[PDB]
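Next structure: contains HCV-796.
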Amino acid sequence: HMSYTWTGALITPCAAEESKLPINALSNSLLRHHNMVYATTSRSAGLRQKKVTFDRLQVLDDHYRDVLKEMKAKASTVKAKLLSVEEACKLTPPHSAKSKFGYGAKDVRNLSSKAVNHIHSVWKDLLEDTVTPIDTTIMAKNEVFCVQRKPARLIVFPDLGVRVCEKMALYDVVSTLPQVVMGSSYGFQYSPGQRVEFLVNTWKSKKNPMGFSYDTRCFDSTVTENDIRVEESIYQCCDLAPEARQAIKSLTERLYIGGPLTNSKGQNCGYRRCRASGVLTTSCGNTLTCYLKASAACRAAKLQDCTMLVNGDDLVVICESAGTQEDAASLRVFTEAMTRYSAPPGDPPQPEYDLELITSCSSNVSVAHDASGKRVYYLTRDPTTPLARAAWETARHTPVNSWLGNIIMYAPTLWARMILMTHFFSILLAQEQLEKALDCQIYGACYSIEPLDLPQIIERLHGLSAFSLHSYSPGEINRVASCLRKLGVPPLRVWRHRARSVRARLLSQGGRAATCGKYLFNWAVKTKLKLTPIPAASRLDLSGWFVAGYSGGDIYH
Ligand SMILES: CNC(=O)c1c(-c2ccc(F)cc2)oc2cc(N(CCO)S(C)(=O)=O)c(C3CC3)cc12
């Protein structure tokens, strides 16, 4: 019962891959220790293949089937619609990988007849054939990290035509079902501000709160055929159009449960029997499956008043404490239950008695103070990976601008405000590209965003306090400072100095540029302006934003 079988054909690249940090005239203004930053390449895919390849065994008990019955009871209340071809086509990213069959993402988005004709033929075939495995391309991801080296992650995805049909059958399902089935535990529903609020209120809801993060070793590889059938049975509880049901069963049999792996050069690389990383249902399936198993394991471990927070394969549980020694015992029982369900941990879970000491999705809760002095809670992280990618993006144009994503999702943080906003607005001012829309990612979904609209977006995801936070905590300041020394990034005082320059330059352009200077950089100056609610922030249609996650899902807004 192996996650993968392999032929020995290599996972080949699509193009030239750089492993070393590109340097330009801007590089040393951000980061001087360039040998610390690297990009993963297909060269390391061979190592990743070994890591992700193992036997899965599953022992399913009454807690499991009990939780699944409840999950299905809530699933049965969901009505989901089929998307039209044209609705699905406009959800396709502009630089989504082109079809093998003679069209690309822009053909799809323009509703070109060749594209649409092929998509109708793929759909007709899904309705007619519920057995034939669907081909997938396997590729190494190119992502940037700091040293102390990870191997390349693997992306497995079907043809463009198939991807549009997934949207047609399942987009409304994966968008509406997870909140209904999991309620407040479904993490992708929250803005970062709503998410902190939920965590703190949940932490406060307990008499003696304890919490842990539970992170599964190679989650996609732990997902069995049973797990993918159980997900399908949940989707099928929904009130669906008959073609949707058939297409969902076809996509499950032929794509989701498994299939042949082909490289970029067309060679058969092997065969998948676990989760594909680049299908529509990756995030939702993972979130459901992770919730099912973890809720069941809570019951096996008799944890009092478990609150789950689940996003994909990331899981935090906050529950009632039984004292440190017994909590420790209980976590091992939790871990014992999860492992039996084929979800063992990378690192064993540790109980925590301070909300700020729990880390999941690389992030933790911390505290600062707003204008009035009142404490505000916010999500932050070690800035190392964000900064290493900022350094890469200073010298190379990338299809996803992590700096922009990081400004949006960590806008209230010290390091995003002082370093990322300062640095990238300076570059944008110099190139006169403040109004140029840039592709970025929030919860795995693709967004095209104009840097000038950041103040609006930040106010909506965080509120006006994002522009007013101060008196950050000694622990947080310490981590950032230490990261800046390790990477060879100038100290925070240099950034305050440059921010005043950036601020004045932005004000000197007037308009939306001036708004950016006023709101984003008010922290930089001594005589603080008063920051009132932004007129335009109310106008912005933030629907699609924070209903669900779509990591690997090939979704654009
Ligand atoms: C189950 N885990 C969670 O819900 C998350 C926690 C977390 C929870 C409890 C805790 F004690 C410490 C941290 O922090 C997060 C940050 C992000 N973001 C970053 C995505 O990498 S963000 C800052 O955009 O909100 C996300 C995004 C993926 C939805 C999810 C979580």
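Numbers in chain A track the PDB entry; the residues on display, in order, are 1-148, 154-562. According to its header, the structure was obtained by X-ray crystallography, 2.2 Å. Order of appearance sets the numbers: ligands from 1, and atoms from 1 within every ligand. Only heavy atoms go into these numbers, but all of them, side chains included; no hydrogens, no water, no symmetry mates.
Tallying contacts with HCV-796, the largest count belongs to the chain named in the PDB entry as RNA-directed RNA polymerase. Against a heavy-atom cut-off of under 4.0 Å, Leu360 is close to the following atoms of HCV-796: 11 (F).
By the criterion of a heavy-atom distance under 4.0 Å, the side chain of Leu384, and not its backbone, is placed next to HCV-796. The UniProt annotation of Mg(2+) binding in chain A and a heavy-atom cut-off of 4.0 Å around HCV-796 together pick out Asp319. Contact annotation: for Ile447 versus HCV-796, there are no heavy atoms closer than 4.0 Å. Protein heavy atom nearest atom 4 (O) of HCV-796, with residue, atom name and distance: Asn316 ND2, 2.6 Å. Protein heavy atom in closest approach to atom 20 (C) of HCV-796: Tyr415 OH, 4.3 Å.
Numbered from 1 in the order shown, with element, the atoms of HCV-796 that lie under 4.0 Å from a heavy atom of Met414 read 23 (C), 24 (O).
Contact annotation: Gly192 has no heavy atom less than 4.0 Å from any atom of HCV-796. For atom 14 (O) of HCV-796, the nearest non-hydrogen atom of the protein is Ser365 O, 3.3 Å.
Of all protein heavy atoms, the one lying nearest to atom 21 (O) of HCV-796 is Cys366 O, 3.9 Å. Remark: minimum distance from atom 28 (C) of HCV-796 to any protein heavy atom is reached at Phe193 CE2, 3.7 Å. Of the protein's heavy atoms, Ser368 O, 3.1 Å lies nearest to atom 13 (C) of HCV-796. Protein heavy atom closest to atom 25 (O) of HCV-796, with residue, atom name and distance, is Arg200 NH1, 2.7 Å.
Considering only non-hydrogen protein atoms, atom 27 (C) of HCV-796 sits nearest to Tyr448 CE2, 3.6 Å. The binding site of HCV-796 (heavy atoms under 4.0 Å) is made of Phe193, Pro197, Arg200, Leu204, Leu314, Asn316, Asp319, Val321, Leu360, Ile363, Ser365, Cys366, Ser368, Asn369, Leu384, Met414, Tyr415, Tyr448.
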